[PDB]
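ABT-263:Apoptosis regulator Bcl-2 complex.
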Amino acid sequence: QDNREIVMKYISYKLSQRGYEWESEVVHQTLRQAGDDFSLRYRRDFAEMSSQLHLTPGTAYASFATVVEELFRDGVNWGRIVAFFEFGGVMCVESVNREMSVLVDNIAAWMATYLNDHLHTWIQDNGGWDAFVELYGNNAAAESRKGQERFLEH
Ligand SMILES: CC1(C)CCC(c2ccc(Cl)cc2)=C(CN2CCN(c3ccc(C(=O)NS(=O)(=O)c4ccc(N[C@H](CCN5CCOCC5)CSc5ccccc5)c(S(=O)(=O)C(F)(F)F)c4)cc3)CC2)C1
């Protein structure tokens, strides 16, 4: 899976997108693109989450854990995983904006731990990051179709 490198590479890019300096290339690039797609499609949620976080060093973990628990409460799908990356992105960007840059390493650790300890089994059972890339390439009708075909498979 190489979940930790995916995290670091992702955060390093969202922080470049904002101006600061901090597994196949296709996985990295596809995750970036999917993330930008999610943030455009769910632009109200993105902006509102940004506004409603109140990051301090003392509340960062509670904030992270609350949101991630809510995100995966009813189960996992690839879009929720993308929302998780985007959420982590937001936390990192606002950490730096607010001159709390120490949190960035913390958030990256929390994200890698969550992927390894709570998303790893799902990812493996759902075809790995290869199936993520495959789905991204498919149009919505194709994606719904391979979902029902994968269910009927195993
Ligand atoms: C409880 C709480 C407060 C918790 C906190 C929180 C929250 C708030 C702010 C922030 Cl910041 C973070 C979290 C919320 C907000 N909630 C979070 C969850 N939300 C989701 C909404 C939709 C889905 C979904 O749809 N999931 S999905 O069915 O699995 C799926 C479908 C399509 C594709 N991708 C296609 C790609 C199309 N191709 C492109 C290339 O040319 C060919 C066509 C469309 S783009 C695309 C479309 C959707 C997602 C990503 C990319 C992918 S995907 O990109 O991951 C892939 F395909 F799998 F790779 C997967 C999952 C969850 C709704 C908003 C709620």
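All residue numbers given for chain A refer to the PDB entry; the residues shown span 9-30, 47-49, 92-220 in order. For the numbers below, each heavy atom of this structure counts, side chains included, while hydrogens, waters and symmetry mates do not. Atoms within each ligand, like the ligands themselves, are counted from 1 in listed order.
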Can you walk me through which residues contact ABT-263 (ligand 1) using 4.0 Å for heavy atoms? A100, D103, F104, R107, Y108, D111, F112, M115, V133, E136, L137, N143, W144, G145, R146, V148, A149, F153, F198, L201, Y202, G203, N204, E209
Distance to 0.1 Å, residue and atom name: give those for the protein heavy atom nearest to atom 34 (N) of ABT-263 (ligand 1). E209 OE2, 3.6 Å
If you count the atoms of ABT-263 (ligand 1) from 1 in the order shown, which ones are under 4.0 Å from a heavy atom of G203? 42 (C)
I need the nearest protein heavy-atom contact for atom 54 (O) of ABT-263 (ligand 1): residue, atom name and distance, please. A100 CB, 3.5 Å
Nearest-neighbour protein heavy atom for atom 29 (O) of ABT-263 (ligand 1), which is reported as residue plus atom name and distance: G145 N, 3.2 Å
Can you pull out the closest protein heavy atom to atom 43 (C) of ABT-263 (ligand 1)? Residue, atom name and distance to 0.1 Å, please. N204 O, 3.2 Å
What is the nearest protein non-hydrogen atom to atom 3 (C) of ABT-263 (ligand 1), stated with its residue, atom name and distance? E136 OE1, 4.0 Å
Per-atom contacts, ABT-263 (ligand 1) versus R107 - under 4.0 Å to a heavy atom: 44 (C), 45 (S)
I need the atoms of ABT-263 (ligand 1) closer than 4.0 Å to a non-hydrogen atom of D103, numbered in the order shown. 45 (S)
Provide, to 0.1 Å, the distance between atom 38 (N) of ABT-263 (ligand 1) and the closest protein heavy atom, together with that atom's residue and name. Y202 O, 2.9 Å
What protein heavy atom sits nearest atom 6 (C) of ABT-263 (ligand 1), and how far away is it? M115 CE, 4.4 Å
Which residue holds the protein heavy atom closest to atom 17 (C) of ABT-263 (ligand 1), what is that atom called, and what is the gap in Å? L137 CD1, 3.9 Å
